Chemist: 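Structure uploaded - dostarlimab bound to Programmed cell death protein 1.
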Amino acid sequence: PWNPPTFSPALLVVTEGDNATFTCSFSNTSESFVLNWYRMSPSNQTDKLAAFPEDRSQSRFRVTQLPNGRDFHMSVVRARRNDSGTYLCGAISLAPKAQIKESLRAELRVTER
Amino acid sequence: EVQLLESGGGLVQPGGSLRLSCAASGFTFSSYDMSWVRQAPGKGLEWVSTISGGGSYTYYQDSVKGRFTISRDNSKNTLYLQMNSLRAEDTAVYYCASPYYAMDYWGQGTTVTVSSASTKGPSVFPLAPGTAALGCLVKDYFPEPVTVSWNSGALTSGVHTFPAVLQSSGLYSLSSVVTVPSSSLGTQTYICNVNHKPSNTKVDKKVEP
Amino acid sequence: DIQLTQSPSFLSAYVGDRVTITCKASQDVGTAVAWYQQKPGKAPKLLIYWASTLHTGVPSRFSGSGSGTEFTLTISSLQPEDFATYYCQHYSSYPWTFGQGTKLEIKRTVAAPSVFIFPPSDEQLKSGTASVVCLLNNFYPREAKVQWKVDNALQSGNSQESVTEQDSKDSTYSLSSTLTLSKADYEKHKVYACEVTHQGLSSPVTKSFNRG
């Protein structure tokens, strides 16, 4: 089995206009996976911000795989006050079994400059 | 634009081998799974094989295990299917596809035919006739296709040319029919025009009472 | 490993109708289910994945539902371009499997076939073979049964059928059945008959000829 991804830091504070970077950490059992970045909407619904690999049928929300293979930067570029909210990552294995596993949720606070 | 383009399908004898390829564009090839899916004549879709983005993981339908090998060349954006020890029931259109969760992108397919039959032109026979029916029987040809017209295309209303059927001999046959007013049989001439390009067979057959 | 069975295999409806196609899995596949549309001569197109997610660029009249073993594709109101074959697929584990396909066809009024029988030509008989052809023309719906009887003897194993797609202007089908005998066997018998059954007829229709 593979463990649900971790998502850090649990609380990330930045000033409006700067970038905010979470790290999603995930070790898969095969080469077939999609890693998704979400923000919680009103009504407890996930809004997909970005994906690795990208959805080919589809820019402030970016995912970068780090060289150790298991760590991924998930970055809000030029964060806004209204980017404040709850974020998480979801890992989807596609082989040998389709499985969806969410991380614990983290908070982003974007402060007034 | 994501695009996938297959090549390599054709005619091969039972027990023989064939290599298919698929060229991809519009995405970072090595980041995505790739697959083959096939469709036998008149049947539904069947998944054949999947290969992971990096190529290390391969998965196969049980009936092709030990006979088919999927591979990829990530430096050339190309997917391959090596098909050995081919069987009659491997006859199908083969589609290249790319799974993301489901297969969101597909090629146009390439046709593979596994048969011992050899090239043969059809024999054309009349189906002789207030509505009358008449037609032409186009029998014992290989490979597909044949084309049929009536009166060099002047007769199209009421024409039905049936899908070819594969006979136990390994040859194909079909019929083409037309319904006409019974009174027309005395004032009109009906000629079916058959072309089987693999054998250079161009036949015209008058159909009369 | 996991089987998918769609119901029905063939469905006729009118433009504007709600259509419901079901897909039953032989074991739990979670929500790892997709639906595709395929038209003749073309590759499948993805409609729905994760059993209810509408794919980008797909019309909103398509929706999917279900989890576990029972999945549904719904077209809320049918349009002419929607007449096609639809396939469910799971990707829960390998092997991936598809349902058998549901062909969505244009509904119309019942029409009985016009039936014609054709003896073999003298030319073919010289070649050592006799093909006898029975034509069922312009009928609806597609279900029909053809039996061959030779001097009252019901034939088995020596006939093949072929059916057209729905006609573009009247939405009917036509069907050929071909009985194949050797010349020697053909000349042993006298009465060749094809017996046709169809919903548009109150009883079978028999078309026959007496050889020579």
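Numbered from 1 within each chain, the chains take letters A, B, ... in sequence-line order.
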Chemist: Which of the ligands or chains here are copies of dostarlimab?
Modeler: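 You'll find it at chains B and C.
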Chemist: Got a sec? Which UniProt domain of chain A does most of the touching around dostarlimab (chains B and C)?
Modeler: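 By UniProt annotation, Ig-like V-type.
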Chemist: Quick check for my notes - source organism of chain A in the deposit?
Modeler: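 For chain A, the PDB records Homo sapiens.
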Chemist: For chain A, find which of B:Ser31, B:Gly26, B:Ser56, B:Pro99 contributes the most heavy-atom pairs closer than 4.5 angstrom.
Modeler: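 So the answer, after comparing B:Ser31, B:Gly26, B:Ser56, B:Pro99, is B:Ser56.
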Chemist: Where does B:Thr50 contact chain A at under 4.5 Å (heavy atoms): side chain, backbone, both or neither?
Modeler: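 Looking at B:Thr50, nothing touches chain A.
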Chemist: With a cut-off of 4.5 Å, which chain of dostarlimab (chains B and C) has the most heavy-atom pairs with chain A?
Modeler: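 Looks like chain B has the most heavy-atom pairs.
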Chemist: If you count heavy-atom pairs under 4.5 Å with chain A, which of B:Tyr59, B:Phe27, B:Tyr105 comes out on top?
Modeler: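 Among the listed options, the one with the most contacts to chain A is B:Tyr105.
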Chemist: Determine which residues of chain A make up the epitope of dostarlimab (chains B and C), at a heavy-atom distance under 4.5 Å.
Modeler: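 The epitope (heavy atoms under 4.5 Å) is A:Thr29, A:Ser30, A:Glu31, A:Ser32, A:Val34, A:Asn36, A:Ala51, A:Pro53, A:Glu54, A:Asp55, A:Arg56, A:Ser57, A:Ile92, A:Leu94, A:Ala95, A:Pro96, A:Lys97, A:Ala98, A:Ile100.
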Chemist: Using non-hydrogen atoms and a limit of 4.5 Å, which residues of dostarlimab (chains B and C) are in contact with chain A?
Modeler: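 By heavy-atom distance, those are B:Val2, B:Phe27, B:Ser31, B:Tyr32, B:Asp33, B:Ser52, B:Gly54, B:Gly55, B:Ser56, B:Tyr57, B:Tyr59, B:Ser98, B:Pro99, B:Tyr100, B:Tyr101, B:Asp104, B:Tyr105, C:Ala32, C:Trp50, C:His55, C:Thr56, C:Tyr91, C:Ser92, C:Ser93, C:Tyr94.
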